[PDB]
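Presented below is an entry in which one can find atovaquone.
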Amino acid sequence: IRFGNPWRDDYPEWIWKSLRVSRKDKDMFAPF
Amino acid sequence: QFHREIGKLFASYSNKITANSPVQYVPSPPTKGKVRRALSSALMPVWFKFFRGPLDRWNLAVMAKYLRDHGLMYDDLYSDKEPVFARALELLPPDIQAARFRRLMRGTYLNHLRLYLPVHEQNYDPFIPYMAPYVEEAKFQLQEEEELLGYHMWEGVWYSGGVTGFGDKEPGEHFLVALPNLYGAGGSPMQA
Amino acid sequence: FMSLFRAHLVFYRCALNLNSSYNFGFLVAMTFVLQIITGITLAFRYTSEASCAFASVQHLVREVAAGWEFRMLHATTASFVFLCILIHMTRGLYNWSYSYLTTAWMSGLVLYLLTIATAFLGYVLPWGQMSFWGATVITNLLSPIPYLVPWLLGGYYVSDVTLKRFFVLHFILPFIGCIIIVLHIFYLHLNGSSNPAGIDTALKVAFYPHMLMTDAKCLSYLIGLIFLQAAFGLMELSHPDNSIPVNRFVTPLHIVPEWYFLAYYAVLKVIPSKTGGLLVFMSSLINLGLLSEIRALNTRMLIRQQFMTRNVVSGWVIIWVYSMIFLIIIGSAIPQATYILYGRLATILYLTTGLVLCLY
Amino acid sequence: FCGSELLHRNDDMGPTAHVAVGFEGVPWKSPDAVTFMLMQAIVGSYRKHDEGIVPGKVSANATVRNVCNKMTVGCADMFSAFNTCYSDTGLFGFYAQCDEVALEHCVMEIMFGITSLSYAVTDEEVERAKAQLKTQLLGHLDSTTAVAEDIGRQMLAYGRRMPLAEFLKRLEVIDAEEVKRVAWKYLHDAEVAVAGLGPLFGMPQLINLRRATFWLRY
Amino acid sequence: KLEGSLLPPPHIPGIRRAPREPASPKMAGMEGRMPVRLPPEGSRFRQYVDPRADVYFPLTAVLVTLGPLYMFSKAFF
Amino acid sequence: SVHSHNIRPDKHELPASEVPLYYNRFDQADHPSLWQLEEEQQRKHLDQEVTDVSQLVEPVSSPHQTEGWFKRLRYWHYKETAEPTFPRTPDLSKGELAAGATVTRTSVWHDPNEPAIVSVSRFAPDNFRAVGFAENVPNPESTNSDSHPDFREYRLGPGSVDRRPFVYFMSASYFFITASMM
Amino acid sequence: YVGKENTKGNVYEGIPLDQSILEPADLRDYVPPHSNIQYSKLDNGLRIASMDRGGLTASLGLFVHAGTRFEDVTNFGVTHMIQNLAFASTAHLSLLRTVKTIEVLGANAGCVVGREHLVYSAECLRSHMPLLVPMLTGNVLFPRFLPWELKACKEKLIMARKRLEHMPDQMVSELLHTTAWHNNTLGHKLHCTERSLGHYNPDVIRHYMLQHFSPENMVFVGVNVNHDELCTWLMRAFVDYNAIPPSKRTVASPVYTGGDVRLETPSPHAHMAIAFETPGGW
Amino acid sequence: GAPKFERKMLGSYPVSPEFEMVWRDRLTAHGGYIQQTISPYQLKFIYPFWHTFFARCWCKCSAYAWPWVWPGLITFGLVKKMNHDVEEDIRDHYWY
Ligand SMILES: CCCCCCCCCCCCCCCCCC(=O)OC[C@H](COP(=O)([O-])OCC(O)COP(=O)([O-])OC[C@@H](COC(=O)CCCCCCCCCCCCCCCCC)OC(=O)CCCCCCCCCCCCCCCCC)OC(=O)CCCCCCCCCCCCCCCCC
Ligand SMILES: CCCCCCCCCCCCCCCCCC(=O)OC[C@H](COP(=O)([O-])OCC(O)COP(=O)([O-])OC[C@@H](COC(=O)CCCCCCCCCCCCCCCCC)OC(=O)CCCCCCCCCCCCCCCCC)OC(=O)CCCCCCCCCCCCCCCCC
Ligand SMILES: CCCCCCCCCCCCCCCCCC(=O)OC[C@H](COP(=O)([O-])OCC(O)COP(=O)([O-])OC[C@@H](COC(=O)CCCCCCCCCCCCCCCCC)OC(=O)CCCCCCCCCCCCCCCCC)OC(=O)CCCCCCCCCCCCCCCCC
Ligand SMILES: CCCCCCCCCCCCCCCCCC(=O)OC[C@H](COP(=O)([O-])OCC(O)COP(=O)([O-])OC[C@@H](COC(=O)CCCCCCCCCCCCCCCCC)OC(=O)CCCCCCCCCCCCCCCCC)OC(=O)CCCCCCCCCCCCCCCCC
Ligand SMILES: CCCCCCCCCCCCCCCCCC(=O)OC[C@H](COP(=O)([O-])OCC[N+](C)(C)C)OC(=O)CCCCCCCCCCCCCCCCC
Ligand code: HEM
Ligand code: HEM
Ligand SMILES: COc1cc2[nH]c(C)c(-c3ccc(Oc4ccc(OC(F)(F)F)cc4)cc3)c(=O)c2cc1Cl
Ligand SMILES: O=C1C(O)=C([C@H]2CC[C@H](c3ccc(Cl)cc3)CC2)C(=O)c2ccccc21
């Protein structure tokens, strides 16, 4: 158990990956 | 003559204290009486194994992880609203000072975002004592001023110069000396 | 006075990481201003006579345009005054704000005392059963000194004279409040606010654009919630028993103060000696006052980080909060041996965890 | 002895104002003469230009210290106290030089000084003053001229010459309560005389200087 | 080689080095946890330290500091 | 400021020459300039890769320091209890610290082979640095971690619309609701 | 003064000053002291000279052979810095404690720079001599030169000349010197110029002192003190410590240039001076 | 507020009243720094919040578990046990 544990806490790998995603030079509401 | 008699009392007591003075370092008497030392020594094997041990280990784990998340050192927790530490910071050299400034900036930003650092950024010991040589000097310097100037309750002129008169040396730091002007543009103490 | 306005509320520079927990002061001030508006417009139609006060309050609701709205806004905003104050206090217990904001903390305590007094005086003016018997109880509680109680009452028992002077006092005290608020803010901005991180930092940012908008956002939420509760009545904040006319020779069969007074009530239920009762309040308030100079009670140099995150030990402030909530729970219930037993347990916790804050 | 002021206002001689304030003293032969010689030293002197090795802001003399810390810049160019004894009367007081806008503090600080002698002086200060007074007086009497002048002066003033041991023995036994007695006898709630020259727009009233001689505290 | 977060110092002429601790053998119960050091080898503390107790401590704290008060209260209040 | 210090003698807290709460091992240089060299000769823990929390280096200082009833925090460094007239002599053989009082009121700086004026010069507070200093003390290059997003992934670039209409419409909407309520 | 032991107060209260209070016990039959100079030397090299005239106040002075004529292009201004740092922190005393103690003993003390000498001196009652010998010798035995004292003491280097602008006579003196020996030895200025505030770091001060402040370049002189006590308390000062070791320094002959110089300012007189050299000097 | 050695200015122009608080809290930039900002009219401002939601929420919830919830659970326990004791009392004392 890493959650809430000062001996082990760290993000899950999928949370570390969610921060790598990119939407640079895209915009989906431009028509409005 | 009341005052001279009480003088005599004070003087004799002070002379007793003076006569017992050592001329060299002598180890301090223990902080606890022999009864409590005995009781602690008796209960050590249970108390340290079950309770004190884990408490003192959990504490350091908590502290270390919180400091590493943000990239602070331990001596980054002290303020400069504390006179001794203010002096210590005045005595610092350029490099240490600059690094402290940078770490405080980064810690502020990270606590704003509430994002952990990567674990490879957390590989350092946060509990190095980098302020000690300067805190000891500050303590010396601020102790001598008490000894040589602060030994009496000095008497002053009241509510003059922007200071209350009971000891302050910075203007308008107390309510009864607020609002120094009614017209004009004011001013600042640092530009006098 | 415009130049001061700009210096303190536009160009004043804060720390970047001030989150919502630092917005509740502004909020209590706003509930003050709002409560003052509704106060004054309620005074225009209230009657200060024991023979007819009750019906005077009923006339507003029944026969006056928008009569109901001002009474209910005034009644409900009080709860938010106290809720915001308690959040505001607990934040600074959590952070150890009083380490360097010494006089601000003292001023705070004085303002809280003012608010208690103001609320309790207000609570008597509608003149129902609960009002009369509450006044009786609290006036008997401060009896230790001869003749002080008939003097403050005006009379041998709670009377129309008592109503008249309570009304005038309730009129006056809030404005003294306002003056002390100015004093409060003087001490505050003399020093400068603390961070949630409890470090000193140069990453400051000005107030007007960034923090002003957060203040405004929370203000929207609070206005929302006040109107929700005021118009629809979701929670039974006030007991029904103040709806009954007064009788000087018969008590109500069940008794529950306003929630912000229940913990105190709990104490009066469980401590045997009446003087012990009163001394508990005096002692706890003195202990809170004592925190203003905590730097002197020890020779180790102090830090503001209490390292309560991820900590299995928790912290004395959290135990204090839970003890206080438990006391509210027990306050609410009937007098019975088991409730009293757990009452005494909770009371010991509440007293001890306050004493212990000084022992770093 | 008349309590009056005599002020020469003049704004065409630069920024500096000169002032002297005086009290009634005691004759040569008075028993308290020595105590007066000591009080003059307890108030002492100061110069902003030339200072020795002790900064004024940390000096043991409280009057100098209070003057040098005023408005953080300090409010006087020079001040010095004085005592003069005549055959049947004396003068006791001080002389000062200060800036046009500093004059008020420049004067009231030193009046506060002198009024302290009757309420709050302590033996640290008395012994410092004894040390400095002894250094001064015993330091002059080196050459033949100083000795001959002293012989003649004492011969006219006392009908004799007082030997060193007598002066030292009479000086030794004065403590704080004795100073606090004599001052209360002659200086508390007394008349004062004033003279000044220069940019005296700042100058205090005569009645201010006269009501200064007592404290309402205590 | 060395205990704790130290690394062997370079030999630089003009700098005087303090003595540094050699490494010590670790005990059972510290597998897979953020490491926190043990007492020195010649102390009295190292006779009674037991890392395996850090797992039950969240219960030990409550038992010790709140159970006796509960017992006393139920006995007398 | 309005804040005092609290330098006073104390019987619960022995002075720092007697019982320091920090880890009392310091290296000493003949001249602080030499500290430059070590910064370009040592290894550093932050130059090397780790992946799990269990691999982080372990603190040098002991967890077991502060004791007493109802003391949550178990670790501290600095205190202002006052020094005596004759302080405890530092033992430089064990790399203990010598600073302020312990330089002035002690023989610690004395050397048989060297002039006194030369000998005292090595005991300014810049001449001492803890053990582990060059290896553990961070010195950031930026406030931003390369593992977090900055403006580069949110900036509206070439080809984008103008948003002034939207911004001012947002705020006008807020205001007209506000005015109706008022 | 925590209370006072004697309660008798002013025992001569109310006695006029033309009425004696001496008892016959306090009379003496006068014996003069002997007032020819006494000469001694410590083992490390220090020379001591003393006289007594039976005065109550003593004069004490330490003389060092370190003037400004010994500086060079890398040193200019160092002697002024040292003088401006007199009675600052040393091995066993702080600056504050030193000056406050000198004040409370009642003494007057100071330091003076010339073109060939540096002098420290003090003065008060003769019974305080044992407490003054340390504070005078400290300055040459083991000063610390903490940076934050150098930095705070800097403005006094400039005021020294800023005051010369209203002392025309002294000004002309300095002009004469710098014109007579242009750019060498006695020609050097007695103050720190702007160019002199660069090398205001402890290492230059310390390296300069190591070349001049050895004992055999010093003299200690006392007037109105008993010589065996002076010798004893001076010996007890150098016994524990290593003094600055000797150096076989050499000194160059001044070169006299002469020349001419003018300096105009609103003074209402024409001040003029003409001079010629004395070959060989003292 | 700030220590006197930090609030000492380099300039000498008079501080205007409306800037009082600004220069009472002056601090030195030891070592200097470089900063960049983009006008909020040229940034996305609701996508950056949701893009970093899970990390922020993990951090916040992790930080509060032990200190706030565990004592909460214990208190909730105590309330349940008190209810038990009362519901047994009320029968012992008054039911035959
Ligand atoms: C608006 C105000 C009006 C304007 C004018 C100003 C008015 C003030 C006048 C009263 C003061 C008289 C006393 C003069 C003392 C002079 C001492 C001295 O040389 O000065 C240096 C000295 C400080 O130098 P320091 O020693 O270097 O500083 C170190 C610290 O002091 C730390 O030192 P330490 O830690 O080493 O400890 C030292 C401590 C050691 O001692 C203790 O700590 C003892 C503790 C024992 C507990 C018991 C309580 C002690 C306090 C007594 C209070 C009683 C007074 C009230 C009586 C009421 C009568 C009706 O020493 C003392 O306590 C000795 C002084 C105590 C005197 C306090 C009372 C004086 C009042 C006398 C007149 C009373 C009439 C009032 C009428 C009713 C209206 C108020 O000055 C003081 O210590 C100040 C003491 C006096 C208090 C400040 C005055 C108040 C100013 C603010 C006004 C607030 C008014 C609020 C009303 C607002 C209305 C809207
Ligand atoms: C979300 C929070 C809201 C707070 C509200 C407070 C109450 C306000 C009352 C007065 C009114 C004021 C109005 C303004 C409120 C503030 C607004 C605001 O800006 O909030 C910001 C708030 C948090 O902002 P932040 O920047 O994170 O704040 C900093 C943090 O505090 C972090 O600060 P830090 O990290 O620097 O920490 C400093 C420290 C400083 O210390 C403090 O401040 C401590 C203060 C504690 C309180 C002490 C006083 C207590 C006095 C006694 C009161 C008794 C009241 C009794 C009431 C009884 C009611 C029954 O604070 C803490 O430590 C706080 C952490 C506490 C953790 C506690 C964890 C508890 C877990 C509970 C789990 C429960 C599970 C149940 C499972 C059940 C299963 C059956 O964010 C939001 O609220 C976001 C907006 C969410 C909007 C959602 C709307 C949804 C609507 C849905 C409608 C659906 C319609 C469906 C229709 C369907 C049709 C078909
Ligand atoms: C409707 C409400 C209306 C309220 C109005 C109140 C008006 C009072 C004004 C206060 C006095 C002015 C303060 C300015 C001070 C300036 C700061 C300064 O540097 O002063 C240095 C100065 C110290 O002198 P120093 O530095 O040693 O050297 C002085 C110079 O050498 C030589 O001195 P100087 O030539 O430089 O002149 C100094 C002059 C500075 O002033 C001026 O230059 C301008 C003139 C001052 C204003 C004069 C008009 C005030 C009218 C007085 C009557 C008000 C009665 C109000 C009753 C309301 C009825 C509904 O100060 C004075 O002489 C003031 C003396 C009068 C104040 C003392 C009154 C307390 C008597 C308490 C007796 C016990 C009664 C208990 C029963 C309850 C009674 C309610 O400080 C003072 O002595 C000033 C007074 C300090 C306050 C003492 C404590 C007051 C509390 C009294 C007890 C409260 C009773 C409440 C209980 C209720 C029971 C039910
Ligand atoms: C007419 C009828 C008469 C009946 C008479 C009956 C009388 C009964 C009296 C019972 C007295 C019990 C206490 C004996 C103490 C002995 C002390 C001793 O020998 O010292 C030697 C010796 C003293 O030397 P020393 O130099 O002081 O060394 C010790 C260190 O200073 C220590 O510091 P350290 O650093 O080494 O250790 C860490 C430190 C620091 O640790 C921490 O800070 C950790 C804190 C973690 C807290 C985590 C909490 C998280 C959960 C929160 C949950 C939410 C709660 C709130 C909300 C709930 C809703 C309301 O730990 C502590 O501070 C431990 C505190 C323990 C408190 C225990 C309190 C027991 C109270 C019992 C009731 C008494 C009466 C109540 C009042 C009555 C009305 C006035 O100490 C030791 O060797 C250590 C001994 C420690 C013993 C602790 C455990 C005692 C267990 C007693 C069991 C009693 C059962 C009674 C049953 C009754 C049935 C009828
Ligand atoms: C002087 C007394 C005034 C009382 C106000 C009551 C008036 C009647 C009811 C409201 C009417 C509508 C509002 C007026 C129109 C808008 C003003 C305007 O022209 O916009 C200027 C500007 C509009 O800016 P903008 O950027 O939207 O657009 C202007 C730019 N152009 C023209 C290019 C589009 O408003 C501001 O910038 C105001 C800044 C503050 C915004 C947040 C305020 C929220 C509230 C904060 C806390 C409140 C508590 C403090 C009060 C004390 C009492 C409790
Ligand atoms: C912080 C400010 C205030 C607080 C906390 C407060 C609190 C209260 C409370 C709790 C009540 C009880 C109402 C009820 O039980 O229905 C009340 C009633 C009342 N308040 Fe205040 N009040 C404040 C300010 C004011 C002011 C400034 C005035 C007038 C100037 C005022 C006038 C009244 C009146 C007339 C009532 C009677 C309401 C009724 O009879 O229905 N209040 N107040
Ligand atoms: C009417 C009642 C009160 C008002 C109007 C008020 C107002 C404010 C305001 C506006 C602030 C600055 C912004 C903020 O913190 O939200 C503040 C800060 C503060 N207040 Fe209050 N407050 C009140 C009651 C209290 C109480 C009862 C206390 C303490 C018991 C208190 C102690 C503090 C402290 C310590 C701070 C600063 C904390 C820090 O900077 O870390 N205040 N107050
Ligand atoms: C989120 O972080 C913060 C929020 C903050 N919010 C506010 C509202 C202020 C503030 C309050 C009052 C003030 O000046 C006033 C005093 C008294 C008055 O009187 C009265 F009664 F309020 F109307 C009015 C006006 C000046 C500034 C802060 O300083 C403040 C500081 C921080 Cl860190
Ligand atoms: O029995 C009580 C009672 O005990 C109180 C109490 C509640 C706490 C109050 C209180 C206590 C302390 C403070 Cl600082 C402020 C208010 C005083 C009145 C009531 O409010 C009450 C109202 C109506 C009928 C009966 C009663």
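Chain naming here is simple, since letters A, B, ... match the order of the sequence lines and numbering starts at 1 in each. Excerpt of entry shown; contacts counted in excerpt. In listed order, ligands and their atoms are each counted from 1. As a basis for the values below, the full set of heavy atoms in this structure was taken, side chains included, without hydrogen atoms, waters or symmetry mates.
Looking across the whole structure, one can locate atovaquone at ligand 9.
Ranked by contacts, the top partner of atovaquone (the one with most) is named in UniProt as Cytochrome b. In contact with atovaquone at heavy-atom distances under 4.0 Å, by letter: C. Counting only heavy atoms of the protein, atom 13 (C) of atovaquone lies nearest to C:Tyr264 CD1, 4.2 Å. Residue, atom and distance of the protein heavy atom nearest to atom 6 (C) of atovaquone are C:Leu268 CD1, 4.4 Å. Of all protein heavy atoms, the one lying nearest to atom 18 (C) of atovaquone is C:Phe120 CE1, 3.9 Å. The residue among C:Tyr265, C:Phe132, C:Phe281 with a heavy atom at the shortest distance from atom 5 (C) of atovaquone is C:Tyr265.
Looking at C:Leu141 against atovaquone, nothing comes within 4.0 Å, counting heavy atoms.
Measured against 4.0 Å, no other ligands or ions are close to atovaquone.
Ranking the protein heavy atoms by distance from atom 22 (C) of atovaquone puts C:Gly134 CA, 3.3 Å first.
Taking every non-hydrogen atom of C:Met130 and a distance limit under 4.0 Å, the qualifying atoms of atovaquone come out as 23 (C).
Of all protein heavy atoms, the one lying nearest to atom 19 (C) of atovaquone is C:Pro257 CG, 3.7 Å. Of all protein heavy atoms, the one lying nearest to atom 25 (C) of atovaquone is C:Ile255 CG2, 3.5 Å. Proximity by heavy atom, under 4.0 Å to atovaquone, holds for none of the UniProt heme b-binding residues in chain C.
TM segments of chain C (UniProt, N to C) within heavy-atom distance under 4.0 Å of atovaquone: 3. In the entry, the organism recorded for chain C is Toxoplasma gondii GT1. Counting protein heavy atoms only, atom 14 (Cl) of atovaquone is closest to C:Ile116 CG2, 4.3 Å. Applying a heavy-atom cut-off of 4.0 Å to atovaquone picks out C:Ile116, C:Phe120, C:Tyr123, C:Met130, C:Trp133, C:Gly134, C:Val137, C:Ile255, C:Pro257, C:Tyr264, C:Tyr265, C:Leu268.
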